[PDB]
Amino acid sequence: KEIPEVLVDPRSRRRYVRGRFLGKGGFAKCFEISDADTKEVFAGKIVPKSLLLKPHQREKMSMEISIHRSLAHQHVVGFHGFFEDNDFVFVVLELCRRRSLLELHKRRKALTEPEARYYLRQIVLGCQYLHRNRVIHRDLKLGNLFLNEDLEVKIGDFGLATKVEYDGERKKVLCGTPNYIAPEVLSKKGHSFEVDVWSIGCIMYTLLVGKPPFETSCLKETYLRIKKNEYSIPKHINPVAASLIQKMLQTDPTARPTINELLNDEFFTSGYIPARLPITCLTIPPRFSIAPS
Ligand SMILES: COc1cc(C(=O)NC2CCN(C)CC2)c(F)cc1Nc1ncc2c(n1)N(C1CCCC1)CC(F)(F)C(=O)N2C
Ligand SMILES: [Zn+2]
C-alpha cells in the first residue's frame with residue numbers, strides 16, 4: 001500500500017506534487033510537497049489508514065486536525081488543510097526549512113543567554129496564543145518547536161493537545177507519553193494549562209544547560225526524580241535565569257507562573273533580546289558584537 005506521486009484534494013481541486021522525504025513523525029511519513037499551480041511548497045504529513053483501524057486511534061487524529069485547523073499564529077505551524085482517500089490521510093502544513101530546536105540542541109548543546117531569551121520569547125508567545133484559545137499542547141519539547149528560514153519558532157504536533165471546555169476543568173486522562181512530563185500528570189491526579197509552563201521550564205533548562213533537568217538511564221527513574229523535584233541548576237547559570245527556571249519547575253502547579261506573566265520576568269525585561277539571529281547560529285555561537293570588524 002504505497003503513497004501516490006501526486007496528492008489530489010477533490011474538494012478544493014488542488015494538486016500537490018510529492019517531493020523529498022523529510023522523515024517519519026510517528027505514524028506519519030512527511031514529505032516536501034508542492035501545489036501544481038502556485039508552486040508553493042508545504043510539508044505534507046501522510047498517514048496510512050491501515051494504522052487507524054481502531055476508532056480510538058481515528059478519534060485522536062480527528063481531534064488533532066480539529067484543534068490545529070482552528071489555530072492561526074506567527075509562532076504556530078500553519079495549518080493549510082487536509083484531505084483523504086480510501087488509503088491515506090493527507091495534512092498540508094507550513095514547511096519549516098530549518099527543522100527543529102532538537103537538531104539545534106544536538107549541534108550547539110547549551111545556547112548563549114540571548115539566544116535562549118530569543119527562542120523562549122517566541123515559544124511563550126505561541127503558547128500564550130494556545131492558552132488564550134483554551135488549548136493545552138501537553139507535549140512541548142524541542143522536536144515540536146520548528147524553525148523557519150528566518151529562525152522563527154513554530155509550535156507543531158498537536159497530537160496530544162486538548163481543549164479546555166469549561167472553567168476550572170481538570171483533565172484526568174492523557175493518552176500519550178509527553179517528553180517533559182509534569183508531576184501532576186505522573187502522579188495522575190488531574191491537570192490543565194500549567195503542564196505547558198512546566199514543559200517550558202524544562203525547555204529553558206535544556207537550552208541554557210545543554211541537557212534536560214531530570215535525565216537518567218531509565219525512564220521510570222526519570223519520572224521518579226520529577227515526582228521528588230530532584231534536579232539542580234549548575235553554578236554557571238546566572239541567578240535571574242535560574243530563578244525563572246525554579247519558578248516554572250515547581251511540583252505544585254498552582255505555584256508556577258501562568259503563561260502571561262512570563263515575558264514580564266526579569267529574565268526577559270532586563271536582558272538583551274536579539275531582534276533576529278543569523279543562520280550561522282545553527283553552528284557557531286554568536287558574540288553579538290556591536291559593529292562589524
Ligand atoms: C525542508 O525542511 C525539513 C528538512 C528535514 C530534514 O532535514 N530531513 C532529513 C532527515 C534525514 N534524512 C536521512 C534525510 C532528510 C526535516 F526533517 C524536516 C523539515 N521540515 C519540516 N517542516 C515542517 C514540519 C516538519 N518538518 N516535521 C518534521 C518532524 C519529523 C519529520 C519532519 C514534519 C511535520 F510533522 F509534518 C510537521 O508538522 N512540520 C511542522
Ligand atoms: Zn488511549
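Along the sequence shown, residues carry numbers from 1. Read the numbers this way: they start at 1 and go in the same order the structure lists the ligands and their atoms. No hydrogens, no waters, no symmetry mates; every other heavy atom, side chains included, goes into these values.
- This structure shows the drug at ligand 1 to be TAK-960.
- Bound to TAK-960 (ligand 1) with the largest number of contacts is the chain that the PDB entry calls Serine/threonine-protein kinase PLK1.
- Looking only at protein heavy atoms, the nearest one to atom 38 (O) of TAK-960 (ligand 1) is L93 CD1, 3.3 Å.
- Covalent bonding of TAK-960 (ligand 1), as deposited, involves no chain atom.
- Below 4.0 Å from some heavy atom of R97 lie the following atoms of TAK-960 (ligand 1), by number and element: 1 (C), 2 (O).
- The single protein non-hydrogen atom nearest to atom 35 (F) of TAK-960 (ligand 1) is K45 CD, 3.4 Å, given as residue, atom name and distance.
- In terms of protein heavy-atom proximity, atom 1 (C) of TAK-960 (ligand 1) is nearest to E32 OE2, 3.3 Å.
- Given atom 25 (C) of TAK-960 (ligand 1), the protein heavy atom at minimum distance is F146 CE2, 3.4 Å.
- Of all atoms in TAK-960 (ligand 1), listed by their number and element, those nearer than 4.0 Å to a heavy atom of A43 are 23 (C).
- Residue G156 places no heavy atom under 4.0 Å from TAK-960 (ligand 1).
- Counting only heavy atoms of the protein, atom 11 (C) of TAK-960 (ligand 1) lies nearest to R99 NH2, 4.6 Å.
- Proximity to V77 (heavy-atom distance under 4.0 Å) selects the following atoms of TAK-960 (ligand 1): 40 (C).
- Protein heavy atom in closest approach to atom 33 (C) of TAK-960 (ligand 1): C30 SG, 3.4 Å.
- By the 4.0 Å heavy-atom criterion, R20 is counted among the residues contacting TAK-960 (ligand 1).
- Mapped onto UniProt domains, the residues of chain A touching TAK-960 (ligand 1) mostly lie in Protein kinase.
- Comparing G78, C96, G23 by heavy-atom distance to atom 20 (N) of TAK-960 (ligand 1), the nearest is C96.
- In this structure, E94 is part of the shell of residues with a heavy atom less than 4.0 angstrom from TAK-960 (ligand 1).
- Atom 17 (F) of TAK-960 (ligand 1) has its closest protein heavy atom at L22 O, 3.1 Å.
- Atom 14 (C) of TAK-960 (ligand 1) has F21 O, 4.4 Å as its closest protein atom, hydrogens excluded (heavy atom only).
- Looking at the UniProt ATP-binding residues of chain A, I find a heavy atom under 4.0 Å from TAK-960 (ligand 1) for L22, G23, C30, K45, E94.
- In chain A, the UniProt-annotated active-site residue lying closest to TAK-960 (ligand 1), with its least heavy-atom distance, is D139, 11 Å.
- Within 4.0 Å of TAK-960 (ligand 1), judged by non-hydrogen atoms, the site holds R20, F21, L22, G23, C30, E32, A43, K45, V77, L93, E94, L95, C96, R97, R99, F146.
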